[PDB]
Number of protein chains: 4
Amino acid sequence: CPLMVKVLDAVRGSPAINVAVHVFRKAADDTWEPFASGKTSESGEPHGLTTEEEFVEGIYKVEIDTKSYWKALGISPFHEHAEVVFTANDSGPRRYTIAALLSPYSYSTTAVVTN
Amino acid sequence: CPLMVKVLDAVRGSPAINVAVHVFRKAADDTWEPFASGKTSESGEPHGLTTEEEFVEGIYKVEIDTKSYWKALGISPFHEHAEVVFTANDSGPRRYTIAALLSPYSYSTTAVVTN
Amino acid sequence: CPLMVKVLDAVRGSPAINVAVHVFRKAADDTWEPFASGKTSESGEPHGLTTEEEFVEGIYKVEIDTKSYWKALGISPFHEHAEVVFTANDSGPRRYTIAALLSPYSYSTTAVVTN
Amino acid sequence: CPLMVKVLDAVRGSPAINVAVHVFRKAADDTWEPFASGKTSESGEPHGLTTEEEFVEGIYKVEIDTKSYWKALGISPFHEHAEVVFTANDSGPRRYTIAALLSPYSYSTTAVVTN
Ligand SMILES: O=C(O)c1ccc2nc(-c3cc(Cl)cc(Cl)c3)oc2c1
Ligand SMILES: O=C(O)c1ccc2nc(-c3cc(Cl)cc(Cl)c3)oc2c1
């Protein structure tokens, strides 16, 4: 998978399961077009978001529906969602993992980009 | 100030200075309307974003221009910006401090809500 | 204050109040000597840890008692404490702000060094 | 592996490779006894730290030699190392992953505890 998303829960100390993940790509007219989506599994990942042929250079947005996740756990959250906006750049072979660590009033995100 | 933003640089160990901060508020037609903007000072904060009378209930987005910040420092970062989307003043007026900690391939955000 | 500590709670969206902070300084015999201690106030900071004259060059450890904090809130957390070990004043006197953001199964720490 | 350590680099956007990881267990006399150690691989993990028979309940310390890692990259770091101190508790089957995300002036750590 050229693009992987991993969601972790800082309160329970576990992968964040059943979280909706939406991916968008910026079109030529500067609007967000739905690209891929899924629900995280027991591993905190929504497996199989895209393919190497589809995941071309461009500007992408990964939206994680954190509010629904915290509401399901009964914890009052601050954010409506967590969004990660980045440019995908070909510079030799690349694999992107967008990882997010969630708390009710905070989130962290990092990118792990490997050859 | 009912809405404060503090931006920190995890590489240099300093406030992130001269960073552009843009705030939007969601309109009834579900579009994002410009609400306020500023530039961080030597303390990593843009002083005087809004007022008590203007900062009404709503869904707000704070966009911190991290890409321009890292580029000005000679680093090609991963993210286009650090975003923070939240509902404000839904249980009465509060003071919100949005803090962001920046690295070239990661960022964290947290909210401190007082009153 | 040459050494400031700010503790934030990522679950409640507030400063972490009544948290014990212990500071040690490494002695010539490679053992940790007690240096200062305090309790965070309503702003999440223990006011007046040390002075310019006492805060000499050395290797310091700031231990934040996160386990007692979470237990007092009814949470059984993962960590015993949040630690921060650093060399201070090696390139002349500086002001250090050690910030920690806490969750039951995670914590982050950052330093802001000024002067 | 009942105990796994994963180290990520927030500056390069990759696993932190060739990082020394030291694990200690608190003995009955309240001193830190070396338990296991290794160097992170290309995946950011020092594979095979312990076994299920050896990894009993107790207080453990995971020390990550961050300073040597940043010095090898030529970046001035703040911390002498990153330390994670926690209690291992049997409450049905458990597998512990200690993850750390590194920056020169900041580190984050989380625990992912699975059945
Ligand atoms: O020194 C102050 O006044 C001050 C204020 C707000 C602050 N927010 C942080 C913070 C944010 C994140 Cl997302 C992660 C971590 Cl470790 C720290 O540090 C602050 C310090
Ligand atoms: O054990 C694994 O496979 C695995 C993978 C990706 C991971 N990303 C993290 C992580 C992310 C953020 Cl944004 C902050 C922190 Cl403290 C940690 O931990 C991971 C563990």
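Sequence lines set the chain letters: A, B, ... in the order given, protein chains first and strands last, and positions in each chain run from 1. Header entry for method reads X-ray crystallography, 1.6 Å. In listed order, ligands and their atoms are each counted from 1. Hydrogens, waters and symmetry mates play no part in the numbers below; they use all other heavy atoms, side chains included.
- Looking at ligand 1, one finds the drug tafamidis.
- The name the PDB entry gives to the main binding partner of tafamidis (ligand 1) in this structure is Transthyretin.
- Other chains making heavy-atom contacts shorter than 4.0 Å with tafamidis (ligand 1): B, C.
- Summary of contacts: the protein heavy atom closest to atom 14 (C) of tafamidis (ligand 1) is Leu101(C) CD2, 3.8 Å.
- The shortest contact between atom 8 (N) of tafamidis (ligand 1) and any protein heavy atom is with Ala99(B) CB, 3.3 Å.
- When each atom of tafamidis (ligand 1) is checked for a heavy atom of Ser108(C) under 4.0 Å away, the hits are 16 (Cl).
- Nearest non-hydrogen protein atom to atom 5 (C) of tafamidis (ligand 1) is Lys6(B) CD, 3.6 Å.
- Every atom of tafamidis (ligand 1) is numbered from 1 in the order shown, and the set under 4.0 Å from a heavy atom of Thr109(C) is 16 (Cl).
- As recorded in the PDB, the organism behind chain C is Homo sapiens.
- Residue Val112(C) places no heavy atom under 4.0 Å from tafamidis (ligand 1).
- Between tafamidis (ligand 1) and the UniProt L-thyroxine-binding residues of chain C, heavy-atom distances under 4.0 Å are seen for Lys6(C), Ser108(C).
- What sits closest to atom 10 (C) of tafamidis (ligand 1) on the protein, heavy atoms only, is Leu8(C) CD1, 4.2 Å.
- The protein non-hydrogen atom at the shortest distance from atom 1 (O) of tafamidis (ligand 1) is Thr97(C) CG2, 3.6 Å.
- Using a 4.0 Å heavy-atom cut-off, the binding site of tafamidis (ligand 1) is formed by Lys6(B), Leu8(B), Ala99(B), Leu101(B), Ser108(B), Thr109(B), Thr110(B), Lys6(C), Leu8(C), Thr97(C), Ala99(C), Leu101(C), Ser108(C), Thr109(C), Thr110(C).
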